[PDB]
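Consider the following structure, which contains clomipramine.
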Amino acid sequence: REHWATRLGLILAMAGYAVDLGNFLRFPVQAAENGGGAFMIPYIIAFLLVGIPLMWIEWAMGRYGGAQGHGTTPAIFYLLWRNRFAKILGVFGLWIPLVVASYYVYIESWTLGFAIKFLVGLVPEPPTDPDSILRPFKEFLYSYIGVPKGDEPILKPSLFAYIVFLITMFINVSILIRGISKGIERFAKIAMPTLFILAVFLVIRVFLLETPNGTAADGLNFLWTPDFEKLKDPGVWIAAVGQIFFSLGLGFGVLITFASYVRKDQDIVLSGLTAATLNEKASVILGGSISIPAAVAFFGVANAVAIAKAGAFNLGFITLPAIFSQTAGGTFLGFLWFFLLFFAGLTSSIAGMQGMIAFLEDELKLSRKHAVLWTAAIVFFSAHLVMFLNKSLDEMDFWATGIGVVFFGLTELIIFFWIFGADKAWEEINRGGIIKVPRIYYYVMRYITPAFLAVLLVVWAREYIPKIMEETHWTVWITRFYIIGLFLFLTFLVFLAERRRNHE
Ligand SMILES: CN(C)CCCN1c2ccccc2CCc2ccc(Cl)cc21
Ligand code: NA
Ligand code: NA
């Protein structure tokens, strides 16, 4: 089996995964909408009671199975719980990231496209007035995505977008085909620094942004000024518990699969705690000092509310480009911004797509090459649904993430800590650890953590399930029909896996 070459490269791959566009975009938005500085209170809390424990747990389940030559949750869940239902419940941890990758790699391509489009100077140039600057970059984005001009639920992306996508894929395979050490880790050693460099440089430039409407200081102020009145709202406490899940990226089986390339007795307690610290430092410091300040700097603090309600997506592909088109030589900032996001995704997309490669390697005994190419073929195929069918993207994200984090996460907990046994698990977590997990985390892992996930499951099931189930168009069934067909397919490979093992 393959293994990590360096302790650093491990943390950098892990942090490479965890570090998102979400750090630079989703995280700052969630803050401003839910108390600003006050959002840190429920955020830090859920970071200790939920994010930190589960992190160790996925890491633990990973190494526990990874020693036994099994990186995927179909196998691992069978080892923690030797049941027929455990393999099935484990299929999700192979189904969840595959579905997400069916659109993430595509979204990742946009950045590369936009980066190229911004580098060569092929960008809209306005014209004064806010809508008279945003609309050119609002339409620029729609041409790339291929947003429908008719009632039809049919996207028609530009030929260039498609080409960049293939290129983007080709980039992913290029790193993936070189294994864990000479590929992901080797790249994580290059990407993570390159990422930090761009972040700071942007942050610096952003702080030097002065417009008639305001300054960057006004953005940091608005963002970090704590409105505690919103902490009374349960919705803030929920949006917090989820945001951490999203930022750390738990409940996708990726941490598990990654931690399955960790040797049997190498530390996972501190290693994970470090990668987790890197991601969150990146969010609050870097990410929360580029977008929101630059937005507030240009559109005043008056629109700082309206900007936040405009969704993170707009801020990154419409608002921030349109802002850069006005600054001194900002066509290069556009290139720097997008290329920053490109890597942020590229360090993650290679990570998530490894879970499938590992499955074919471990269970179906495929070479790394074949496991890589076939996985690329599956993701490339599915992506056409997201590329061409409208709102297919959102449907995939809704199910794979919305459910996949809340359901599979609480599944990882009960299987490893309640079924496999708390004590046997607690030792499996602390084992090899340079430091030891505090004794109090035993109660958090066993009672407090699943208490939160449980409350989270209930609130989610009431609010989000009746919405997508009726009010939506009929083409959502096509997306549903497809993603269901994937789970049924992975059920068949899991079946083929166990039938190949009884023979030998
Ligand atoms: C930067 N990260 C948060 C790591 C996850 C990125 N990501 C993702 C992003 C948004 C929502 C769900 C998921 C699911 C995990 C997963 C799995 C494979 C890939 Cl190719 C990306 C991917
Ligand atoms: Na993150
Ligand atoms: Na990343």
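Chain A is numbered as in the PDB entry; shown residues: 5-131, 135-511, in order. Note that these values count all heavy atoms, side chains included, but never hydrogens, waters or copies made by symmetry. Order of appearance sets the numbers: ligands from 1, and atoms from 1 within every ligand.
The full list of places where clomipramine can be found here is ligand 1. In this PDB structure, the PDB entry names the chief binding partner of clomipramine (ligand 1) as Transporter. Residues with a heavy atom within 4.0 Å of clomipramine (ligand 1): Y21, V23, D24, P101, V104, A105, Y108, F253, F259, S355, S356, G359, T408.
Other ligands and ions less than 4.0 Å away from clomipramine (ligand 1) are, by number and name, none. The entry's source annotation for chain A reads Aquifex aeolicus.
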